[PDB]
K.L.:
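Consider the following structure, which includes paromomycin.
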Amino acid sequence: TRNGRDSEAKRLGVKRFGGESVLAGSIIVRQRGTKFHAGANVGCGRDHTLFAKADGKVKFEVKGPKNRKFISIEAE
Amino acid sequence: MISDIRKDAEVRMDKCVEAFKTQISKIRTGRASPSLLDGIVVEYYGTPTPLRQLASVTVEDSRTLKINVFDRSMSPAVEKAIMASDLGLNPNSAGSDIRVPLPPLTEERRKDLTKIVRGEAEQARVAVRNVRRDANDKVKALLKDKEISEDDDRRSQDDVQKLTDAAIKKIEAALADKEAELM
RNA sequence: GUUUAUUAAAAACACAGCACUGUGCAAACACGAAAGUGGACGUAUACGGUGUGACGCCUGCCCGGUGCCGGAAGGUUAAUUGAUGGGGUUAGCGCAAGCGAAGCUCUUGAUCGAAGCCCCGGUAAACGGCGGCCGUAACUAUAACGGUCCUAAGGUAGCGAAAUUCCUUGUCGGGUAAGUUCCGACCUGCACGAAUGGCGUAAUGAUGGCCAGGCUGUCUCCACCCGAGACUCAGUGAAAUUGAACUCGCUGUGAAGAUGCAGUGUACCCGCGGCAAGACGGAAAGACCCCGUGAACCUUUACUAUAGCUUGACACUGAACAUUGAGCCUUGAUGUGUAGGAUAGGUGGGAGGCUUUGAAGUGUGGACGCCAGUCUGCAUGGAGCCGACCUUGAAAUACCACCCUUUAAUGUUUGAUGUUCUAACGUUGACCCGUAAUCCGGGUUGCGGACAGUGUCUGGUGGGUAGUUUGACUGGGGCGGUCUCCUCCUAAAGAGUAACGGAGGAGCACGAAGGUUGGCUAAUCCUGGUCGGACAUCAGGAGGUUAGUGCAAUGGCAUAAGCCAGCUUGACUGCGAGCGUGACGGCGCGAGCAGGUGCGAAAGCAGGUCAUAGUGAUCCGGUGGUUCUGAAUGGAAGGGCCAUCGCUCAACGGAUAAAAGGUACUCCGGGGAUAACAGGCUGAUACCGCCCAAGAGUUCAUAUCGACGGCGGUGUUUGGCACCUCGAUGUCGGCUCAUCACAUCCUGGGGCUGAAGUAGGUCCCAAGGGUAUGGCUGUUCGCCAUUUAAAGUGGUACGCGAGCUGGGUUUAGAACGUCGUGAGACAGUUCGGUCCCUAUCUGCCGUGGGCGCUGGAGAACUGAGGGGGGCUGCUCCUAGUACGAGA
RNA sequence: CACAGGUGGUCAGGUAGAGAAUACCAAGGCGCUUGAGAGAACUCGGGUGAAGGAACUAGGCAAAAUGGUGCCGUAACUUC
RNA sequence: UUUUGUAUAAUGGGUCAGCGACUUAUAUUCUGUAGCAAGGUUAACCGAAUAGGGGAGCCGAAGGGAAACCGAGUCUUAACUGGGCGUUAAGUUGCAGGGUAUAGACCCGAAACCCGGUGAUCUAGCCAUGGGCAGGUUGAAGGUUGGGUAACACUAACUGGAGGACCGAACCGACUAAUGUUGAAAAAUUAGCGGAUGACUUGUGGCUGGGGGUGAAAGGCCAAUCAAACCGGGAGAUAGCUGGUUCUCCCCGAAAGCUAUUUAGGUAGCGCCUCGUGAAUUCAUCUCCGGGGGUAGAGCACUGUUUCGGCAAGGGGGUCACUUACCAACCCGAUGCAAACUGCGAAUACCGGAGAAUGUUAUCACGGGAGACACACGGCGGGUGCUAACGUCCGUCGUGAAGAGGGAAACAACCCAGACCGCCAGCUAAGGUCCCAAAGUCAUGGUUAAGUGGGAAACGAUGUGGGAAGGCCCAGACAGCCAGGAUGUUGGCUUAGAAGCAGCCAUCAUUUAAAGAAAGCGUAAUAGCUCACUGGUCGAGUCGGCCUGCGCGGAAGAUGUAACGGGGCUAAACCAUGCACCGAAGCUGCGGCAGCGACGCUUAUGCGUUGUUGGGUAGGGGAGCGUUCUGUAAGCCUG
Ligand SMILES: NC[C@@H]1O[C@H](O[C@H]2[C@@H](O)[C@H](O[C@@H]3[C@@H](O)[C@H](N)C[C@H](N)[C@H]3O[C@H]3O[C@H](CO)[C@@H](O)[C@H](O)[C@H]3N)O[C@@H]2CO)[C@H](N)[C@@H](O)[C@@H]1O
Ligand SMILES: NC[C@@H]1O[C@H](O[C@H]2[C@@H](O)[C@H](O[C@@H]3[C@@H](O)[C@H](N)C[C@H](N)[C@H]3O[C@H]3O[C@H](CO)[C@@H](O)[C@H](O)[C@H]3N)O[C@@H]2CO)[C@H](N)[C@@H](O)[C@@H]1O
Ligand SMILES: [Mg+2]
Ligand SMILES: [Mg+2]
Ligand SMILES: [Mg+2]
Ligand SMILES: [Mg+2]
Ligand SMILES: [Mg+2]
Ligand SMILES: [Mg+2]
Ligand SMILES: [Mg+2]
Ligand SMILES: [Mg+2]
Ligand SMILES: [Mg+2]
Ligand SMILES: [Mg+2]
Ligand SMILES: [Mg+2]
Ligand SMILES: [Mg+2]
Ligand SMILES: [Mg+2]
Ligand SMILES: [Mg+2]
Ligand SMILES: [Mg+2]
Ligand SMILES: [Mg+2]
Ligand SMILES: [Mg+2]
Ligand SMILES: [Mg+2]
Ligand SMILES: [Mg+2]
Ligand SMILES: [Mg+2]
Ligand SMILES: [Mg+2]
Ligand SMILES: [Mg+2]
Ligand SMILES: [Mg+2]
Ligand SMILES: [Mg+2]
Ligand SMILES: [Mg+2]
Ligand SMILES: [Mg+2]
Ligand SMILES: [Mg+2]
Ligand SMILES: [Mg+2]
Ligand SMILES: [Mg+2]
Ligand SMILES: [Mg+2]
Ligand SMILES: [Mg+2]
Ligand SMILES: [Mg+2]
Ligand SMILES: [Mg+2]
Ligand SMILES: [Mg+2]
Ligand SMILES: [Mg+2]
Ligand SMILES: [Mg+2]
Ligand SMILES: [Mg+2]
Ligand SMILES: [Mg+2]
Ligand SMILES: [Mg+2]
Ligand SMILES: [Mg+2]
Ligand SMILES: [Mg+2]
Ligand SMILES: [Mg+2]
Ligand SMILES: [Mg+2]
Ligand SMILES: [Mg+2]
Ligand SMILES: [Mg+2]
Ligand SMILES: [Mg+2]
Ligand SMILES: [Mg+2]
Ligand SMILES: [Mg+2]
Ligand SMILES: [Mg+2]
Ligand SMILES: [Mg+2]
Ligand SMILES: [Mg+2]
Ligand SMILES: [Mg+2]
Ligand SMILES: [Mg+2]
Ligand SMILES: [Mg+2]
Ligand SMILES: [Mg+2]
Ligand SMILES: [Mg+2]
Ligand SMILES: [Mg+2]
Ligand SMILES: [Mg+2]
Ligand SMILES: [Mg+2]
Ligand SMILES: [Mg+2]
Ligand SMILES: [Mg+2]
Ligand SMILES: [Mg+2]
Ligand SMILES: [Mg+2]
Ligand SMILES: [Mg+2]
Ligand SMILES: [Mg+2]
Ligand SMILES: [Mg+2]
Ligand SMILES: [Mg+2]
Ligand SMILES: [Mg+2]
Ligand SMILES: [Mg+2]
Ligand SMILES: [Mg+2]
Ligand SMILES: [Mg+2]
Ligand SMILES: [Mg+2]
Ligand SMILES: [Mg+2]
Ligand SMILES: [Mg+2]
Ligand SMILES: [Mg+2]
Ligand SMILES: [Mg+2]
Ligand SMILES: [Mg+2]
Ligand SMILES: [Mg+2]
Ligand SMILES: [Mg+2]
Ligand SMILES: [Mg+2]
Ligand SMILES: [Mg+2]
Ligand SMILES: [Mg+2]
Ligand SMILES: [Mg+2]
Ligand SMILES: [Mg+2]
Ligand SMILES: [Mg+2]
Ligand SMILES: [Mg+2]
Ligand SMILES: [Mg+2]
Ligand SMILES: [Mg+2]
Ligand SMILES: [Mg+2]
Ligand SMILES: [Mg+2]
Ligand SMILES: [Mg+2]
Ligand SMILES: [Mg+2]
Ligand SMILES: [Mg+2]
Ligand SMILES: [Mg+2]
């Protein structure tokens with residue numbers, strides 16, 4: 001039976017939110033699935049983390065027919 | 001673990017008592033007690049099997065005992081089956097009800113007979129006491145093979161006691177009224 | 001007999017007696033780095049060691065384990081010897097690249113090598129051990145009997161509820177009015193048992209248990225008397241203790257048990273004699289318990305050393321002959337797979353050597369030999385057996401090479417054993433002188449003799465000795481369990497978030513299961529369909545990702561991340577804008593840049609795997625590369641820089657390369673941070689009461705009861721908690737003295753009764769008083785005997801040790817069972833085992849002094865108020881009446 | 001400590017006595033370096049105790065009790 | 001003192017006086033200060049000596065790299081679009097202070113470890129050499145004699161005098177009980193007690209020495225001490241523990257957390273405090289703007305759990321694959337439940353952009369000094385537990401801690417509120433206003449009659465208020481009184497009897513105003529008998545559900561009323577409204593001190609007005625007092 005163990009916290013989540021500043025390369029969201037997806041200039045990594053490929057403002061949104069969430073970067 | 005020998009100890013015990021009850025059933029007190037005949041070897045016309053499969057073992061009074069039957073061509077056939085069977089009962093062929101009387105507690109019966117039940121009681125205890133011995137031998141054993149905690153032993157060595165103790169209470173209190181059937 | 005001087009005198013130790021074992025005398029053994037000494041001025045009828053413990057009847061089976069006593073064939077091995085190869089250097093050959101002579105040197109470690117161990121054998125009055133299960137007898141029960149498994153092997157004699165028995169106060173018997181003890185049985189021996197002796201035994205015993213007469217103030221139940229204190233007078237004159245005191249009760253409050261707080265009640269001031277309920281009174285930094293990377297001694301197959309014991313080598317250490325364990329070996333042999341003109345070398349040369357420079361095979365003088373066979377010293381033999389033969393995975397002792405198996409002798413050569421010798425060395429034989437000397441030296445002589453012994457080196461042995469280690473978390477500790485890593489929930493819609501909280505998984509896998517290009521799309525149901533079922537595959541429809549993801553969980557995933565194929569190595573090297581997450585060490589994501597690949601027509605994609613586990617610092621050292629370093633210089637060695645290797649260091653930030661335990665013989669530093677007593681919190685549990693009413697009650701739910709369920713009260717059981725106390729709050733029972741509650745045992749007053757009477761039942765009211773002696777056990781308790789009107793239930797530190805007791809219970813002694821290799825251990829049992837304190841305060845029982853009460857004094861009172869007392873049987877008349885069939 | 005403790009050897013009177021026990025005495029030596037009174041509880045040490053006689057208690061703890069000589073006389077058991 | 005917390009019945013102190021604990025040396029770093037400055041400074045030594053010499057040397061002006069080397073660059077790499085570390089920052093030597101390293105390193109303190117000595121005048125054992133044992137018993141071997149024998153065996157006296165033998169003083173011992181327990185005594189006294197010819201006892205001297213002895217063995221004894229003697233040493237062993245730590249005033253002011261730890265009552269980094277240096281509107285509140293949420297709640301499509309119905313494979317049973325009373329998945333409809341369900345989904349919270357006010361920079365960075373890593377209660381959200389605990393484990397806030405004052409009787413942790421100092425002045429908070437006891441026996445409208453208030457539940461009751469509706473009723477209701485209450489008919493009835501009748505079955509069927517084949521008393525069965533129902537009588541109300549306030553039973557504990565703090569209250573309780581007042585260290589008013597700013601007078605800034613701040617434990621920072629001693633001092637005070 002014997003319970004009483006667990007992993008470390010892996011400190012996931014959103015790291016920079018809507019319309020934050022953020023320079024290229026910065027991480028926007030850690031996640032396990034692609035709960036969010038990669039929008040414009042935001043390349044998803046092998047983590048599934050979404051960073052940014054351009055200085056700019058973060059933008060959450062939801063396009064398409066599966067109605068899924070995309071993180072864009074509005075150019076700046 | 002302890003579980004399946006706590007319940008094992010238990011069945012062995014309260015089925016230990018239900019032999020005592022069963023062997024202070026083959027004695028003859030003053031009282032009628034139809035379960036006296038209702039455990040008697042008897043032949044009839046093909047095969048053994050008790051008289052259960054034939055007659056009603058009823059009563060007429062504390063000191064007598066009617067045998068209501070169906071079929072009246074085996075009245076002597078059983079009469080001998082009953083009147084030679086280590087009891088000492090001469091059945092009257094008054095017809096219809098094989099009258100088996102209950103001769104009184106002759107005092108050399110209120111005693112010496114009594115001595116038998118409270119001896120038969122004692123050996124029933126001993127059997128229980130020995131279920132005890134075993135039950136926690138298993139316990140003690142599966143301890144020195146580190147599968148129990150001292151505490152878990154101790155709480156299992158008692159409680160086995162609780163099983164013995166209660167099980168004796170049944171033996172002792174089933175004997176105790178059975179003693180009233182003479183005292 | 002002896003012993004814990006100073007809590008244990010015993011059953012403990014000793015004992016005579018028994019046995020095992022070691023010792024040939026320079027004894028074993030002991031004290032002594034040694035000399036020497038004891039043993040003993042003794043000599044196996046002796047001396048040492050170990051266990052047993054007069055005597056009697058006796059002392060069984062087990063050698064597997066651990067020991068000890070024997071062994072040798074090998075296997076494994078020390079110092080040593082230093083074969084053999086590798087490397088450094090550099091005379092010289094070199095266009096230079098390299099090469100590399102001797103020597104010196106760093107390696108490697110052939111060969112030799114004793115005991116030990118491995119192994120084989122013995123030994124239990126060595127340590128020690130002496131089983132399970134399944135069945136079986138005309139009814140039951142049991143099992144003389146059978147089966148099976150497991151052992152070294154499975155408890156014989158005797159004994160057994162015991163110094164041993166848990167359940168246990170076992171059962172039966174005796175003894176008693178009554179017997180948890182005692183005695184006699186039984187055997188169901190938790191867990192007796194044969195010299196860590198078994199079972200008996202007259203005598204002994206300040207030894208353990210039980211009984212009986214006598215005796216008694218031990219006790220019903222105390223009385224009186226004589227003395228020493230106590231009390232008063234005079235003289236002398238202490239003590240512990242002490243923050244400060246103007247030092248009451250009660251109920252609450254409060255760091256949780258109040259002289260000191262709140263409320264209230266009572267109380268003129270001060271002594272003397274008395275009592276010990278309280279000041280968590282005095283005394284001693286609690287012994288129990290826990291904590292300290294504390295201490296000691298102690299044990300041991302803990303670790304590491306070590307004296308001792310033991311093996312060999314070298315030295316002291318010489319002269320002679322012989323034997324043989326042997327690595328190997330020229331003269332040369334050693335030899336039937338299945339089908340043989342046969343006891344067939346791995347497989348080959350290959351076309352006359354021996355004859356003429358002495359040879360068949362028919363005897364077998366030597367003989368191997370599995371008594372199945374044969375080479376053929378010397379010749380007998382007196383000019384050719386015969387071979388690629390037609391069989392054979394392959395053709396000839398037809399000639400000859402080193403020889404996988406086996407076997408045999410030079411030279412000598414690895415080294416082991418023996419004898420002889422005398423001159424080293426020993427002499428704890430005799431004699432001689434120093435010398436009127438059992439020491440010493442010298443001398444003579446006999447014995448021994450290169451041995452013994454000693455020194456250096458070396459293997460083993462080594463609790464004899466010594467130093468240490470033996471983790472933590474923990475609802476005290478221990479026991480269990482846990483210790484890193486990943487996923488979900490607890491987690492309160494960012495992150496994070498704890499418990500010995502609820503659940504699971506990881507310590508890997510894959511050269512494709514990685515890369516890219518191209519392609520593809522599940523589960524489930526319904527219907528049809530050979531074997532074919534709920535489900536194998538096929539068909540179609542519904543379905544729409546419920547499937548699938550190498551694997552836990554969660555997040556993902558159709559543009560699939562799921563499934564197939566072709567081509568492939570981006571499971572690339574250097575770097576890295578900028579972020580994530582960590583106290584840190586670190587860990588993670590990343591576009592882009594350089595170079596160089598793969599895939600695609602191309603756009604592009606690829607720095608491993610849908611993602612999140614799959615792991616180990618630093619030191620130390622190995623390997624490969626690299627002139628970076630180079631102790632005068634040249635080189636080298638070693639060091640550095642890159643790449644990489646060695647760890648369940650899992651107690652997973654890893655104290656050491658290297659480690660278990662006992663302490664009741666104990667110790668110290670600490671803690672009410674932390675258990676045990678008592679208090680406090682709680683009230684699950686307990687106990688007491690109530691709500692519903694199927695049902696019992698012949699009929700009738702509630703006279704008396706009450707199933708399935710339900711609600712409370714108390715603080716009162718079992719518990720939970722760890723607030724108080726560890727610079728000390730003495731624990732059970734007894735005694736004495738108590739005091740309160742009422743949930744009333746008796747007595748008193750009532751209701752209902754399934755109350756005729758008598759006597760019961762149940763309920764209400766009532767706390768005035770009263771409420772047993774004994775047997776048994778330390779017991780409270782309880783059962784038992786016998787009374788009584790009754791033998792009430794609780795609280796009071798489970799009332800009451802500065803009041804007594806000390807039987808229980810926890811110190812040190814001892815022993816049995818059981819556990820352990822042992823030290824020791826038991827919430828098992830047995831025998832023994834120091835109980836201090838002169839009363840300041842409070843309180844209390846008594847008894848005086850002072851003052852007040854209004855001028856003082858003598859009496860007698862009134863009685864506000866306080867206390868004491870408050871129990872109950874029997875007989876009788878009423879009356880043998882009411883009632884009753886009677887009793 | 002002018003401490004009811006410890007300390008080896010010598011001597012051995014009278015009466016009773018088995019005696020070096022014990023009581024009284026001799027020889028010799030002493031009354032123990034606070035007295036005086038009182039005549040309560042309670043403690044200490046002691047005397048006697050009606051009836052009962054272990055009912056006490058863990059337990060006959062303590063006390064009470066037996067006690068000399070001579071002669072008769074004495075069971076199981078026994079290693080005699 | 002220690003603690004979450006102490007009047008605490010937890011530590012310590014009988015009182016006084018005197019002494020008694022953060023130092024010294026050397027390095028090292030920071031700060032303050034002084035000199036000199038891309039320089040600074042010397043050490044030993046010399047010295048004619050605090051001078052002056054002496055520049056050996058140290059620090060610094062250059063770094064990067066492992067190094068060779070290169071150099072304001074270097075390293076990395078083939079090279080970097082680049083990256084790491086440097087160049088843009090003055091240093092150094094004294095003096096004073098804050099830390100740290102080595103030292104005993106604030107002070108006191110273990111149990112112990114090692115070295116060397118002194119101890120067998122106590123005691124254990126042994127070795128020489130001398131003593132001691134009154135008195136009384138028993139009567140071994142041996143001898144003699146006699147009996148006995150065929151001879152022996154055998155037996156009897158007498159003699160003899162054995163024994164870890166018997167009783168018992170001295171002597172040796174120590175089993176029991178009392179006493180004594182600040183003793184007469186640091187182990188005894190008194191009454192009993194074991195040994196007392198022996199493995200006895202004792203005098204003198206001797207020998208054995210500390211991991212050693214000795215031990216008829218207890219870990220016993222070795223000088224009142226022994227699981228390792230005493231004395232001196234190493235030695236101020238070590239003490240992550242306990243205790244203690246001494247003058248005054250000012251400013252700030254924590255923590256009981258995370259992470260790691262042979263770690264848990266210790267320590268380290270981080271967090272929090274203090275001080276310094278420096279830096280941007282840094283930071284916070286609110287506003288609007290840009291965000292992600294999957295919690296509360298709800299829902300049941302998914303995952304699972306669940307009840308009814310419909311539908312149904314199959315499962316369970318009757319056949320000789322069929323029917324089926326029965327448990328039945330899926331689908332459908334109705335209905336619930338979930339921390340590890342979600343097709344929904346808040347309030348808050350958090351992030352970010354902007355902006356104004358306010359805020360003594362509240363912010364970040366760096367540096368000097370720390371402290372702390374035992375928490376506690378309360379509110380809210382939870383795991384645990386029993387939605388038990390003054391329980392335990394997290395989150396979040398508040399308070400205590402480290403905060404006084406008023407309130408809650410008393411009551412760290414609740415309510416109110418943050419105490420610089422003086423006031424015989426004022427307003428308030430919470431809580432109060434009959435007396436104790438400051439303020440209403442205040443005003444108005446209700447309720448309760450239980451001392452409810454001022455303790456307790458299921459459940460029970462014509463208590464007593466308020467509200468909206470009902471049924472019945474002068475064609476006479478509700479109660480009460482008068483009457484009738486009959487007949488199928490015993491009802492058939494397994495009926496021994498029931499005919500209402502424990503039972504039996506139905507309950508339909510006559511009659512009149514009305515009467516059940518039956519409500520109970522109830523009989524052996526009848527049944528005597530009241531009911532229901534109805535006629536009369538009387539004469540105006542009566543019946544019982546719903547919503548609702550307050551009250552009643554249910555309600556028993558232990559020292560003493562003791563369950564409002566008390567008296568006492570019928571309002572002095574309760575509900576509603578109003579207005580007064582009392583109440584604190586809060587706010588205000590005077591007067592004063594200090595830190596920080598601002599304006600005006602004015603400089604080393606005094607200052608006037610003014611703004612503001614001034615609880616405090618660990619702890620940081622600042623400024624003083626006084627003691628002894630040196631100079632000033634052959635000065636000054638002083639018979
Ligand atoms: N029997 C051999 C002996 O060798 C001796 O010589 C010794 C040395 O001289 C000789 O060393 C030589 C060296 O000199 C010469 N230059 C090179 C040779 N390889 C070395 O040989 C040595 O070194 C090699 C490793 O390199 C090792 O295997 C081993 O030590 C030895 N063989 O090796 C011998 C010892 O190892 C004498 N010549 C003599 O006593 C006798 O011959
Ligand atoms: N000692 C006297 C004897 O004890 C005997 O006791 C024996 C029995 O109780 C019992 O015997 C059983 C046997 O009955 C049963 N049916 C089969 C079982 N294998 C036997 O077992 C016996 O024998 C075998 C050897 O064959 C052993 O392995 C085992 O240890 C032993 N217990 O084992 C005991 C022997 O160890 C019997 N009571 C009887 O023969 C006699 O009284
Ligand atoms: Mg004796
Ligand atoms: Mg003693
Ligand atoms: Mg001997
Ligand atoms: Mg013995
Ligand atoms: Mg034996
Ligand atoms: Mg017995
Ligand atoms: Mg034994
Ligand atoms: Mg014995
Ligand atoms: Mg006096
Ligand atoms: Mg109190
Ligand atoms: Mg009080
Ligand atoms: Mg007094
Ligand atoms: Mg202590
Ligand atoms: Mg040791
Ligand atoms: Mg621990
Ligand atoms: Mg969260
Ligand atoms: Mg895959
Ligand atoms: Mg593709
Ligand atoms: Mg199908
Ligand atoms: Mg060189
Ligand atoms: Mg050199
Ligand atoms: Mg002991
Ligand atoms: Mg001991
Ligand atoms: Mg201690
Ligand atoms: Mg506590
Ligand atoms: Mg207490
Ligand atoms: Mg706690
Ligand atoms: Mg706590
Ligand atoms: Mg005390
Ligand atoms: Mg009552
Ligand atoms: Mg009742
Ligand atoms: Mg008694
Ligand atoms: Mg009794
Ligand atoms: Mg008796
Ligand atoms: Mg008590
Ligand atoms: Mg006492
Ligand atoms: Mg005792
Ligand atoms: Mg007294
Ligand atoms: Mg005197
Ligand atoms: Mg004296
Ligand atoms: Mg005398
Ligand atoms: Mg005197
Ligand atoms: Mg007197
Ligand atoms: Mg007397
Ligand atoms: Mg008397
Ligand atoms: Mg008398
Ligand atoms: Mg008598
Ligand atoms: Mg008694
Ligand atoms: Mg006595
Ligand atoms: Mg006497
Ligand atoms: Mg405390
Ligand atoms: Mg504190
Ligand atoms: Mg207080
Ligand atoms: Mg006090
Ligand atoms: Mg105090
Ligand atoms: Mg105290
Ligand atoms: Mg004190
Ligand atoms: Mg002596
Ligand atoms: Mg004697
Ligand atoms: Mg004697
Ligand atoms: Mg004694
Ligand atoms: Mg005496
Ligand atoms: Mg002594
Ligand atoms: Mg020691
Ligand atoms: Mg010290
Ligand atoms: Mg030292
Ligand atoms: Mg750790
Ligand atoms: Mg919800
Ligand atoms: Mg259904
Ligand atoms: Mg949140
Ligand atoms: Mg904002
Ligand atoms: Mg600042
Ligand atoms: Mg620090
Ligand atoms: Mg800590
Ligand atoms: Mg903590
Ligand atoms: Mg906390
Ligand atoms: Mg809570
Ligand atoms: Mg207050
Ligand atoms: Mg209160
Ligand atoms: Mg107050
Ligand atoms: Mg108000
Ligand atoms: Mg007032
Ligand atoms: Mg009024
Ligand atoms: Mg009340
Ligand atoms: Mg009417
Ligand atoms: Mg009520
Ligand atoms: Mg009001
Ligand atoms: Mg006012
Ligand atoms: Mg005021
Ligand atoms: Mg103020
Ligand atoms: Mg002012
Ligand atoms: Mg202030
Ligand atoms: Mg402040
Ligand atoms: Mg302050």
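First the proteins, then the strands, lettered A, B, ... as listed; each starts at 1. Every number for a ligand or one of its atoms is a count from 1 in the order of the listing. Below, each value reflects all heavy atoms present in this structure, side chains not excepted, and no hydrogens, waters or symmetry copies. Recorded method is X-ray crystallography, 3.0 Å. Displayed portion only: the contact tally does not extend beyond what is shown.
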K.L.:
In terms of chains or ligands, where should one look for paromomycin?
P.N.:
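All copies: ligands 1 and 2.
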K.L.:
Report, by its name in the PDB entry, the chain making the most contacts with paromomycin (ligand 1).
P.N.:
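Largest number of contacts: 23S ribosomal RNA.
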K.L.:
With a 4.0 Å cut-off on heavy-atom distances, which other chains neighbour paromomycin (ligand 1)?
P.N.:
C
K.L.:
Could you help me out with the residues around paromomycin (ligand 1)? Anything with a heavy atom closer than 4.0 Å counts.
P.N.:
C/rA83, C/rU84, C/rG85, C/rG86, C/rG87, C/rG103, C/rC104, C/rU105, C/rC106, C/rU107, C/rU108
K.L.:
What does the entry say about the source organism of RNA chain C?
P.N.:
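It's listed in the entry as Escherichia coli str. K-12 substr. MDS42.
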